[PDB]
Amino acid sequence: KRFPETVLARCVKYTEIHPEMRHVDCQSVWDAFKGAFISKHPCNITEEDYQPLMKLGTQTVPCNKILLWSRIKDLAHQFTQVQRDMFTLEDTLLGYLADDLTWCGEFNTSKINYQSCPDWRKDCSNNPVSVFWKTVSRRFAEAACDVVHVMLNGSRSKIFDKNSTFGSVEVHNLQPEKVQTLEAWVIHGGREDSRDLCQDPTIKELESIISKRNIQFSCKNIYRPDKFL
Amino acid sequence: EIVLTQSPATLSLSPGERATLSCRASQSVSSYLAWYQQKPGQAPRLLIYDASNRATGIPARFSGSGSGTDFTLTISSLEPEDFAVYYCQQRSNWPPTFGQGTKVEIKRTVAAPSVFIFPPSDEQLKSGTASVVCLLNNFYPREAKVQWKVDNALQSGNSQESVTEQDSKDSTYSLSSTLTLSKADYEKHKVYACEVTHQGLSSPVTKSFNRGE
Amino acid sequence: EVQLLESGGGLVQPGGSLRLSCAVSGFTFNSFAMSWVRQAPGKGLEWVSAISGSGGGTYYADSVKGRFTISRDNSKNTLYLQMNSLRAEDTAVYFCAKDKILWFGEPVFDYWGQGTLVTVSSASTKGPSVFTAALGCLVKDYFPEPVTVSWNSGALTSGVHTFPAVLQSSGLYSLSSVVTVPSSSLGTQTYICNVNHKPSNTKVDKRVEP
């Protein structure tokens, strides 16, 4: 709600924070974001619907300082705001641009829907928002290189969930030509005060998955996340 | 690969001056440059890391500056214990790389060597060979010349020198020189002599013995 | 007290193999990446390989790819470097080093081991012979390096000078160790030099009498 001016204000703020992405027309960015989903049925959104926005949003970024995450948004952002040379998805133009927002159009109108928008599990899965996030996560993972770090909530009872966004799209789109190692950090939110959580079956599953792709798997516990920062 | 060029190869500065050591990068390594100190025989000691941060247990007279492709280490007030080779290291990308290093000598006033001569031991002669040793103790500067003489005659290509690394507590050097002969040749000459020329000597000093006497 | 201590030593024939070890203490070993970093005698520092805290991530210098294998036992707090098909160019002091950074990636090293000399040569091991005032010992004709010379099992340190060895034309090293004492003490103190050439298990004490 107040979505268009919010996208424009976020884009303009990001222009100022980064004089590298100053080379950006934010009305152009909003035009492409809009042309992605408006006047379409909100269950037929493909990924090429968003590709003009992806082209306007592709961004020079140190590929060896990417921090993925799955179900820990807050501590990952806390981290990337102290280790100021590492970046999450939400530190990009588009991630910063769409974070925590909701949007959807309607077939046969130029009207943005502020009434209701499709839920991903009760209605359909190819809605504007989830497809946007699928798309940007794919591209973000495709940019990564060298040693890629992913942070995981080690009190989530599936420390690595396959049907996660990280598990679904991000693990299978890290390129073995550029990435040598994926190293997980298992955050201890009081769970298993003493046990070694990298020995969890889901971490072993992720180890097998990323090793079928010719990429090394490392892992490391973080027992007390406070003094870690 | 990223090449680190440390620009002064050597340095001799007196205690109390500040040392300015340079490190240039072939491409940009941003701030990812650290400094290590290596004393003779020891492993590197981390001094500075990521351009300006000095590691725990490091004096404040060690300071690091620079970025992109230009970096400097500063030793603000030298001490004789600061004698070492200093290396810069980048961690911008794989592989990590080091510079060729800058060795920094600590200066001091001229000290003349103490000259000693050692005849071959009974036990070595007993075996078949003869070594004569000449020891030059605790001098500065490092430039000394040792000439071996046997019964008037200068010798050539039958000796070897070796220099200690600079003392970290009084900034001196010592030299050892071995003259090596067959025993058959050692026993058919009389006077064995070692002639030392150094800047702290007004005239060359000669230490000698006479075989069998 | 952070401690890193490398094991063994090393004279290998060209084309041979050997395994370098390093035992650590005083830090959470598996919280950190480790690296082996070599130094040829009289030359600079060249990084050999890196391994992650879990041991799953590894990086190698192009010089050692296909020949060296970095490895790690976290239950034993030990880092290994396996070296196969060793070349003459691989002769160097090999250094253990710990990552300062809290994760895998391009490293900076806050702690180092003491180093182990690896010598790649066709020569065979030979043990040495051993032979104000100055006195000392002539440690003659040994291979390979290194040698260790203390005085009076460690009590005499001040005024001691152990010079770098020289490589004689025969292919054997020789060095000398000296110590200056007062001229008057030559009838009062016992001066014994203790030489150990570990590659040959040669412990020799010689008592230098005037």
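Chain labels are A, B, C, ... in exactly the order the sequence lines appear. Chain A is numbered as in the PDB entry, which gives 13-241 for the residues shown. Chain B is numbered as in the PDB entry; the shown residues are, in order, 1-213. By the PDB entry numbering, chain C shows 1-131, 144-222, in order. So how was this one determined? The header says X-ray crystallography, 2.8 Å. The basis for the numbers below is simple: all heavy atoms, side chains too, and nothing from hydrogens, waters or symmetry mates.
- The drug at chains B and C is daratumumab.
- Taking the chain with most contacts, the partner of daratumumab (chains B and C) here is, per UniProt, ADP-ribosyl cyclase/cyclic ADP-ribose hydrolase 1.
- In daratumumab (chains B and C), the chain with the greatest heavy-atom pair count under 4.5 Å against chain A is chain C.
- Rounded to 1 Å, the minimal heavy-atom contact between daratumumab (chains B and C) and the UniProt active-site residues of chain A is with A:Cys157, 6 Å.
- Measured between heavy atoms with a 4.5 Å cut-off, the epitope of daratumumab (chains B and C) on chain A contains A:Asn76, A:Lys77, A:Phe91, A:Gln95, A:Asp97, A:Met98, A:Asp158, A:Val159, A:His161, A:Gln192, A:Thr193, A:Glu195, A:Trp197, A:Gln228, A:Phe229, A:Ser230, A:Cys231, A:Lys232, A:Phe240.
- Towards chain A, the paratope of daratumumab (chains B and C) (heavy atoms under 4.5 Å) is made of B:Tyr32, B:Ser92, B:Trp94, C:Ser31, C:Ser52, C:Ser54, C:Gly56, C:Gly57, C:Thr58, C:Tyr59, C:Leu102, C:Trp103, C:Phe104, C:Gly105, C:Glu106.
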